[PDB]
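Next up: a structure with evocalcet.
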Amino acid sequence: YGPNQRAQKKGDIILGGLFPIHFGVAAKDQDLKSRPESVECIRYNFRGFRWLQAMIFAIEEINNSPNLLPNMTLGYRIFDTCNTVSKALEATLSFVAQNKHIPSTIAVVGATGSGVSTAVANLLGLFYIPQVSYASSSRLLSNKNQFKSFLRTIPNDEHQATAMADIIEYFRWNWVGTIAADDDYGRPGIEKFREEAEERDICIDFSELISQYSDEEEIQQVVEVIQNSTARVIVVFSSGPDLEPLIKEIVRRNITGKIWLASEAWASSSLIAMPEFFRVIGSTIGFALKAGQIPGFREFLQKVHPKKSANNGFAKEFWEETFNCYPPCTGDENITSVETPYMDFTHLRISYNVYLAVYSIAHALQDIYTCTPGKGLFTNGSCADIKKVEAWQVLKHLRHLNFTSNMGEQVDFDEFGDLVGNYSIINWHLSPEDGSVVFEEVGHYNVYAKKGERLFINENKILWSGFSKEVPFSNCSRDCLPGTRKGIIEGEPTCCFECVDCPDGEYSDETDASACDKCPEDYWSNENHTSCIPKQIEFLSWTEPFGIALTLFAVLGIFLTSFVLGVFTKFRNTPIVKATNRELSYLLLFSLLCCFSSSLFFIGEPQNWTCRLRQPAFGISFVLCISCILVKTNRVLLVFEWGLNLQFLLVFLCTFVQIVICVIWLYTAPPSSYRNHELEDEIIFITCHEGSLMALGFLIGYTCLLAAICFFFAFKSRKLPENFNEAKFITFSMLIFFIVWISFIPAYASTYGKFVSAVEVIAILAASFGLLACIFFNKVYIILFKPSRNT
Amino acid sequence: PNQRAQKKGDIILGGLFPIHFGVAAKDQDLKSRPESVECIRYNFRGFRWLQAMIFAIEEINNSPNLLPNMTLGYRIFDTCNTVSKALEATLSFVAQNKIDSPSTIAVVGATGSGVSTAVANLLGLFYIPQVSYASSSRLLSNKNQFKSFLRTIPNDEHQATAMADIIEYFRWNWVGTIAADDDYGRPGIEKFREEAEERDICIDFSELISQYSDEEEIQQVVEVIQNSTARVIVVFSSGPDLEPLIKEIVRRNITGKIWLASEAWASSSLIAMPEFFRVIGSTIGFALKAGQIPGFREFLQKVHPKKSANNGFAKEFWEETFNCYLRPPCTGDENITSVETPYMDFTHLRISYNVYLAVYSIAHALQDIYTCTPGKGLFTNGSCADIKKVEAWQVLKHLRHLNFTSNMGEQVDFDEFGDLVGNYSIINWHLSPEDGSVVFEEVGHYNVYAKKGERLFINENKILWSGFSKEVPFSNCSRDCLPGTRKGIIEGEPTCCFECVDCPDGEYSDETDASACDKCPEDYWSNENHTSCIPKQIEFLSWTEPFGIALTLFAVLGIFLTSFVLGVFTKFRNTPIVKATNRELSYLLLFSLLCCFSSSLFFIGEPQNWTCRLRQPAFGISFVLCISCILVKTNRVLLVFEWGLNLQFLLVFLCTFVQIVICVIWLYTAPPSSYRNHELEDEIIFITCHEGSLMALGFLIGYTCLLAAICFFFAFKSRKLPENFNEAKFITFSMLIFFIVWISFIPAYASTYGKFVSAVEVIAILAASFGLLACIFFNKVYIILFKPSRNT
Ligand SMILES: *[C@@H]1O[C@H](CO)[C@@H](O[C@@H]2O[C@H](CO)[C@@H](O)[C@H](O)[C@H]2NC(C)=O)[C@H](O)[C@H]1NC(C)=O
Ligand SMILES: *[C@@H]1O[C@H](CO)[C@@H](O[C@@H]2O[C@H](CO)[C@@H](O)[C@H](O)[C@H]2NC(C)=O)[C@H](O)[C@H]1NC(C)=O
Ligand SMILES: *[C@@H]1O[C@H](CO)[C@@H](O[C@@H]2O[C@H](CO)[C@@H](O)[C@H](O)[C@H]2NC(C)=O)[C@H](O)[C@H]1NC(C)=O
Ligand SMILES: *[C@@H]1O[C@H](CO)[C@@H](O[C@@H]2O[C@H](CO)[C@@H](O)[C@H](O)[C@H]2NC(C)=O)[C@H](O)[C@H]1NC(C)=O
Ligand SMILES: C[C@@H](N[C@H]1CCN(c2ccc(CC(=O)O)cc2)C1)c1cccc2ccccc12
Ligand SMILES: C[C@@H](N[C@H]1CCN(c2ccc(CC(=O)O)cc2)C1)c1cccc2ccccc12
Ligand SMILES: N[C@@H](Cc1c[nH]c2ccccc12)C(=O)O
Ligand SMILES: N[C@@H](Cc1c[nH]c2ccccc12)C(=O)O
Ligand SMILES: *[C@@H]1O[C@H](CO)[C@@H](O)[C@H](O)[C@H]1NC(C)=O
Ligand SMILES: *[C@@H]1O[C@H](CO)[C@@H](O)[C@H](O)[C@H]1NC(C)=O
Ligand SMILES: *[C@@H]1O[C@H](CO)[C@@H](O)[C@H](O)[C@H]1NC(C)=O
Ligand SMILES: *[C@@H]1O[C@H](CO)[C@@H](O)[C@H](O)[C@H]1NC(C)=O
Ligand SMILES: *[C@@H]1O[C@H](CO)[C@@H](O)[C@H](O)[C@H]1NC(C)=O
Ligand SMILES: *[C@@H]1O[C@H](CO)[C@@H](O)[C@H](O)[C@H]1NC(C)=O
Ligand SMILES: [Ca+2]
Ligand SMILES: [Ca+2]
Ligand SMILES: [Ca+2]
Ligand SMILES: [Ca+2]
Ligand SMILES: [Ca+2]
Ligand SMILES: [Ca+2]
Ligand SMILES: [Cl-]
Ligand SMILES: [Cl-]
């Protein structure tokens, strides 16, 4: 006969009912020293009584409506579960009694716990009795090979975990921790969330299991792992009662920084949503089912009375727990005078599910009632009769039930027995009028939209941590700027890293970089390694300051030479001084002008033209000059041997020799004007590799031997003072030439491109200048100052 | 139910065994009234288990001491591995208590964690002891919900720990998981995921299966298995819930993986088939420890459908064995020893022993109830119960405090969670050479009593991989990191597969699998392979150095020449024939030159503050002395312009001090610093000497050069006064050589590093002073060695 505290009402058809009027049982572990007696449940739950009242109201409204099942009445045998499996199981045993004078229940609306409903459906489905639950939302109840006769008016919990992952990815967090009740409601949900979050590149720090029967040390361990971690977001998948101990311990230890992502079961629970817990838990964003509309329901709630309820048996205990009677009292108080979750509501969510379940079973019964004897759902097109209806026929009609909810909706269960709905997203607020926690809706989750466009959050209503209004930071490691790269911290997950600076020559312009990048050769990483500033190029320039000095020196040399040439041109036909060789004079002067001009080739970038011309350019020009001044010496060879052609002919041997060398590189290995940087790695010199070294040596040596013979012959006879004994002058000249080159070799041996070229040009320009000077200074002086030209 | 094994007695036990493997797959669309479902495939192992229970019961009934005059009856049913059959059997068990709101006292068995949960939810309602023998889920240890559930099989958390330990023992880190979607696979796989994740082991994929998943789910699972690179696959499932996946695997011929079997299917007969074995090679599984039930086999060899009225399962057993009918009509004369079945083709009793132990434990609980004495009982006030009217909760209370010895001499004692622990044997699938059946050879041990870390013990010499090879396959996400490289993140992949990037020059990485390169200190530099660093190159002139050798020999030759000429004078040193000049000035100049030369001693090795801060000013003073001496050497027309010739000495001993002045300044203002510098080479450390005070060196050098310059001007302007070979010209040419050398040598000092800088400096000095000495003496020495014409 089941328990004695129950709600009961007769009728042709009887429906079952399991509601959590209490919260749990008295935890007195029977040591079995005596016969174990029936355990007792302890706490009270006004929400559960609201649900039971909703079911009773639905049945009464069905019995009152004249169209749905006329000339037939609905009865019920509603029991209490106290949220435990033992009570539900004894109740269901009282249900299926007559199967194998007692009424035979045809349908069961209840089992609000996914652990409770599992154990109930295991037993009901053995007799094929339809069980229409309203609040059990575990996914395991979708295995229609196990629970053959289980339907539910509440959506499955897959979309809830998906929505949790979507919310976490929307605020751009990647470091969270998960808590789930060690039950059939938290385990599968947390596993689904784990996979959905790992596929979205989200890292999970810790994962713990709790329960209302967990001892104190395990709660200590959980609080420790919560405190010892850096994750700010905590995804809780549990119900009110199985969460209350952890909340009490967290309030006692005063952990304040975290953010709670509430699941639907406890996001609106009065056990948790109280101010003293609110000050500590801070910000909670949770889900909620869609509201309902049961017109005329409040006026039914306001009529509950202990004496006017013979059918209802829990009304007495309700009166007691709400007024503390039997301190005996009157029984004529007002339910509106005290504030309890009973009528302190604005949106009916689970009560609407109970209403809908009762109405769906009534509609299946009507469907069986309005049959046509030819188009039935059973074998041979036959159909069943409502006077001897059995449970399996009602199950058959429920599987194919498809009707219209008074809100103008379509109600029809899937092939997995469940419905589907679109969640509201609420965020906990503190009412400035009362102090109580009030749930304000801030977002929506439509599950029909395509994957990726389902969530809609209105961020300006979310109140963060009570005061501030910017999204808190809950990443593992700080995201560091461009110029740096991620660096593995071994042991830690893929979301936690250090970041190391990029070396020079590599850059990174992106945030969250995986590696730095080498830029092309003529580019180089800048001072912040964020962008390769185009590199600089090494060579002498014309606007260059020291290049300016050099070029002005060259111009002055040419000016002096040409002006002296013109001054001669005054006396150019007064052989008074031209007792020397006129043509040799002009030739030497022009050779010097051109050698000077050669410096044109050392002030800018070398194209093959520039380099391979300039170098041999000096060669020929200076060699001409030297040979000319040399032949300027006494005619000893002429004395030893058809016009003076000889003199010209003489020079026009030596010259060719070196012109010879030029042509060789013209077709063997001409110098290469190319870019070189390997010795600087930051700036690219533009140098000119010698075409054939030893052949340059040969050239220079030939020239120096010509100069050396000139030197020897000018000195050895340097003491024959003819017209101021220019032997000595030219000797001193050739020696200056020697010394300059000598001393300047080192620099050429120990320097890069730029100053190498600069020193080379200085050397040449100045040496030729000195030659010209040493040869003319005296003569010009005398023929400008002492016009004593008779001998 | 109708078919059952029933025997009467004073005390009744219950049993639940999977005689069949499952029910006939047929979906009732409920067009008609549903009827009793039927079971399809036979299970000889379950029948051996049932026979073990019956054998234990009858043997206890035959013992004189254990339950002396009592009698044990039993009512054994079949679960068909489904929940509905078990639940209707249970409803048949609790009929006596159900009528409150043939009473059994205890039930032995569920065989399945789902069946166990569904049964214990109902049995714990009446406090009836349920002693399972194979239910190994961890959810049944929650004694707040399953009050009266005891099991004689170890829990399955140690099994997940053992699997993680095996994986980290064979050095794998890229694995994948498969689980049955029931109360046995899900908790085990979650526990293994935790245990692996804490050991830094990666899990590539994670799937769920069941015997009811249709072709598309299995195809998606096989796609996930194939499109991955993990070789090791852990499987937490039973035989039936794994058979479809195995069929699909053997059809698609996936033939590369390594299977880590859980206990349920490691020794299963549905999976251990020779045809499946070709593609499921290299199977490594767990097993319970063997038992000894003496006299069991002979009891098995007596089954017969006629002489078994208590047992009812014998008829279908014979029909399934001989494939007969009681199509060809059957006859009770066959030989159960002829056909080969999982019934009698066994070698170790592992789950039959658990049934034996469960029955014996219930018997010993009843015994403890029986040999109790008043005042020493366990119930209220020390009171004790009567065995002739024993109730279920009393046997439960006695079972919680049960402690006895097995037939093998071990201590059976249920933990406070109602489960006794045991070791694990570790087997590996082999192929029998004779017939061809799969043979399970024991290759390892797992002791749960040893401390964490030294529990596993594998014998590598017996494991054979893939049938032919004998080296452990490679199943890592990425190949290892060789020395000289470092790990590099791939943005999307998990932590255990990376890339290999090279350490830059200046950093090395000797360790394998290094997360970052290390920079060697100031003294060292990376190798070529960036493996270890070697010391950075030092930079300075050395004495054994070749060019240092050339320099030092030049210095020695200079000193030799000077000193030899000094001695040659010493011959004529008192013949003022040539000494018409100033004797003492002569000696002073010669000594100054010898010492300036000797100064070169300070440019051939590393500078200590001594060396640098002495050498530099060393040249200063020595050469300045020499210059002033030769200078004063010119006739003092200034002296005429101006008590002994002290004046001359005094003269010089002004100028000198000036520069000695400068020295003392750096002596206490900023003396040069002999330090190491490398920033311009980064590979070899020069050992240079930063100037103490630059502009003051400039002042010093300038003072010296102005002295030289006045000497030059005065020697030339009068360079045409040929007194004793007009040495005015000689000394002028000298001072000019000095000038030219310094001029031309400035550039190198301006454009070079340490080493050749010092070398050029020393060359310059040495040679210049040499030339001075020469230009001043060559002629005079020549004449007084060759033309001794000294009269005027
Ligand atoms: C925490 O880490 C995540 C990445 O794991 C960051 O999310 C990125 O945010 C930027 C800016 O919106 C996006 O461009 C990226 O696409 C995001 N990454 C991914 C994978 O979507 C997040 O910004 C970090 N949190 C903070 C405060 O910076
Ligand atoms: C799913 O959430 C969405 C959000 O409103 C609801 O879909 C809307 O319903 C109304 C009426 O059909 C339309 O005006 C909107 O256009 C719909 N939005 C979209 C994107 O289609 C819907 O009501 C929710 N699901 C249920 C069963 O109510
Ligand atoms: C599990 O672990 C070992 C088996 O390897 C058993 O301990 C050994 O038992 C024998 C005899 O009992 C001793 O001689 C050894 O010294 C033991 N070895 C160690 C390391 O202790 C142990 O008995 C097994 N546990 C059970 C319940 O059988
Ligand atoms: C696969 O990855 C693991 C992870 O390191 C490697 O394990 C290492 O193996 C060497 C050799 O014994 C050990 O010295 C290391 O200590 C191990 N690493 C860790 C963190 O324990 C393994 O070597 C890799 N597989 C192969 C074939 O190289
Ligand atoms: C401008 C100069 N040539 C310069 C530039 C190219 N050449 C050179 C020398 C040395 C090295 C490296 C080394 O050996 O250390 C590389 C190049 C020396 C020149 C012009 C005309 C006639 C010359 C007659 C005689 C010497 C020079 C002459
Ligand atoms: C050995 C030499 N001193 C050398 C070495 C140190 N000093 C120096 C010069 C220039 C720079 C950098 C720059 O300005 O480019 C750095 C150091 C020049 C010396 C010895 C004795 C008397 C001297 C009298 C006059 C000049 C030199 C004298
Ligand atoms: N889905 C919840 C049931 C539930 C929904 N809302 C609730 C509110 C309070 C308690 C329980 C619930 C479960 O599986 O347990
Ligand atoms: N322990 C398994 C059942 C099991 C163990 N060993 C077995 C051998 C054969 C069949 C089933 C089993 C479970 O929890 O369900
Ligand atoms: C709890 O922690 C917060 C952190 O600031 C602090 O403000 C508050 O005073 C603490 N309250 C108690 C009771 O410790
Ligand atoms: C309760 O008492 C009466 C009867 O219900 C009602 O009119 C009254 O408004 C209620 N009291 C309050 C404070 O609302
Ligand atoms: C049944 O479902 C269809 C569409 O699915 C809808 O048109 C109809 O209104 C539903 N109800 C009935 C009674 O057909
Ligand atoms: C199956 O896989 C194995 C290994 O690749 C190969 O030898 C064999 O040919 C494949 N096909 C069949 C039918 O076995
Ligand atoms: C047949 O039964 C008996 C056992 O007593 C014996 O002849 C023999 O063992 C059995 N046959 C075979 C092949 O074992
Ligand atoms: C259990 O039995 C053994 C053998 O009598 C004994 O050693 C032990 O003390 C007993 N009690 C416990 C708690 O083990
Ligand atoms: Ca309930
Ligand atoms: Ca990923
Ligand atoms: Ca609640
Ligand atoms: Ca780790
Ligand atoms: Ca079973
Ligand atoms: Ca099996
Ligand atoms: Cl509600
Ligand atoms: Cl076995």
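Chains are designated A, B, ... according to the position of each sequence line. Numbers in chain A track the PDB entry; the residues on display, in order, are 20-119, 134-359, 392-706, 718-867. We number chain B the way the PDB entry does; in order, the residues shown are 22-122, 136-360, 391-706, 718-867. When a ligand or atom number is given, it counts from 1 through the structure's own listing order.
All instances of evocalcet are found at ligands 5 and 6. Ranked by contacts, the chain bound most extensively to evocalcet (ligand 5) is, in the PDB entry, Calcium-Sensing Receptor. Other chains contributing a heavy atom less than 4.0 Å from an atom of evocalcet (ligand 5): A. The binding site of evocalcet (ligand 5) (heavy atoms under 4.0 Å) is made of A:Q680, A:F683, A:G684, A:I776, A:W817, A:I821, A:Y824, A:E836, A:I840.
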